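Below, a PDB structure including erythromycin.
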Amino acid sequence: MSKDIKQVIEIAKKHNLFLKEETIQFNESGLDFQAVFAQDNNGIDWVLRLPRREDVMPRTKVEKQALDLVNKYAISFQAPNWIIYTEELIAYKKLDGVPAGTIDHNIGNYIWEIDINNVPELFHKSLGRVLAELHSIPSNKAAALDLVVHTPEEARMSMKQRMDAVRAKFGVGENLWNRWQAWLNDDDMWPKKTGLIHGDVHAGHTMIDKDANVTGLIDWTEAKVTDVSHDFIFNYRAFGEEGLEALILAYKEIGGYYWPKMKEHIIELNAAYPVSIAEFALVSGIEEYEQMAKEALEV
Ligand SMILES: CC[C@H]1OC(=O)[C@H](C)[C@@H](O[C@H]2C[C@@](C)(OC)[C@@H](O)[C@H](C)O2)[C@H](C)[C@@H](O[C@@H]2O[C@H](C)C[C@H](N(C)C)[C@H]2O)[C@](C)(O)C[C@@H](C)C(=O)[C@H](C)[C@@H](O)[C@]1(C)O
Ligand SMILES: [Ca+2]
């Protein structure tokens, strides 16, 4: 730990980031990297990723391309800007604010920084602005993007394929499968546009100020150009229909792509949540996710 602190200091030093030793904090980490918070010698807070795996550049290429787009175009919110980006260290200045909530992974619950029983309307207004700006970034103007890019029909066929693959692996309850298929087959419910999405929008990744304005988004690994609807699912799951409606309203009124069955579509996408849990179970090998998936698939 003194060894680990000493190592952090040394790695940062080699990238000309000079840290106050007493401020170094090691955070909950997965297998890709160790997450660290530290303050530099000018009093500025930083976020570091210490790599735990080889091939950092290929594995971070998509996330970095997404961040490059957001930093190039977006002004209504902050995103990580990897001023230090090498195989040995990724580091960026910490975004302002705090997460709206963080997941306690043992009860399976958010620890909220807002009042869940009286959600500030500015959360929805600000997130609506943020998402409308994000989703209208002209990703097509990049010369060489490696993000997944879907047309509207490609986004629908992607879901169709993902569902078939989960069914083949785990099975799916009959009623749930029929619901998914009815959704896939309802032409008019599907969006007729796609856009650049964050892909992991939830309270842990939405940085808020003291008034619950969303001022920043972190953790862009799931970014891609596809159905914008994924970025609305958190509002529904956390806040119910009221929170979903408030976000849709804010988004629509500031100019975001809106279609008549948008709410209905997002609710059907929410019903397809088990697809994501099943995929995560398969790729992570974490038994608890396999169990959660099988329960959610109604098998
Ligand atoms: C309401 C309260 C619940 O929160 C959600 O429903 C939100 C809104 C999910 O996002 C929703 C919405 C959405 C879009 O992600 C933001 C979607 O992809 C996922 C599947 O479900 C989250 C965050 C999911 O995480 C995401 O799961 C992905 C499989 C990978 C992703 N990430 C590491 C790449 C990761 O953040 C996931 C699975 O529910 C986390 C596990 C821990 C839970 O089961 C916990 C206990 C949740 O049930 C919850 C706290 O109770
Ligand atoms: Ca209330």
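Numbering of chain A is taken from the PDB entry, so the residues present carry the numbers 1-299, in order. Start at 1 and go down the list; that is how both ligands and their atoms are numbered. Values below: all heavy atoms of this structure, side chains included; hydrogens, waters and symmetry mates excluded.
One finds erythromycin in this structure at ligand 1.
Most heavy-atom contacts to erythromycin (ligand 1): the chain the PDB entry names Macrolide 2'-phosphotransferase II.
Binding site of erythromycin (ligand 1) at 4.0 Å, heavy atoms: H105, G108, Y110, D200, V201, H202, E222, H230, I233, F234, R237, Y273, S276, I277, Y289, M292.
Erythromycin (ligand 1) has no nitrogen or oxygen under 3.5 angstrom from a nitrogen or oxygen of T221. At under 3.5 Å, not a single nitrogen or oxygen of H105, backbone or side chain, sits near a nitrogen or oxygen of erythromycin (ligand 1). Close approach of erythromycin (ligand 1) to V201 is summarised as follows: ligand atoms under 4.0 Å from at least one heavy atom of the residue are 16 (C). Counting atoms of erythromycin (ligand 1) from 1 in the listed order, those under 4.0 Å from a heavy atom of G108 are 46 (C), 51 (O). Considering backbone and side-chain N/O atoms, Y110 never comes within less than 3.5 Å of an N/O atom of erythromycin (ligand 1).
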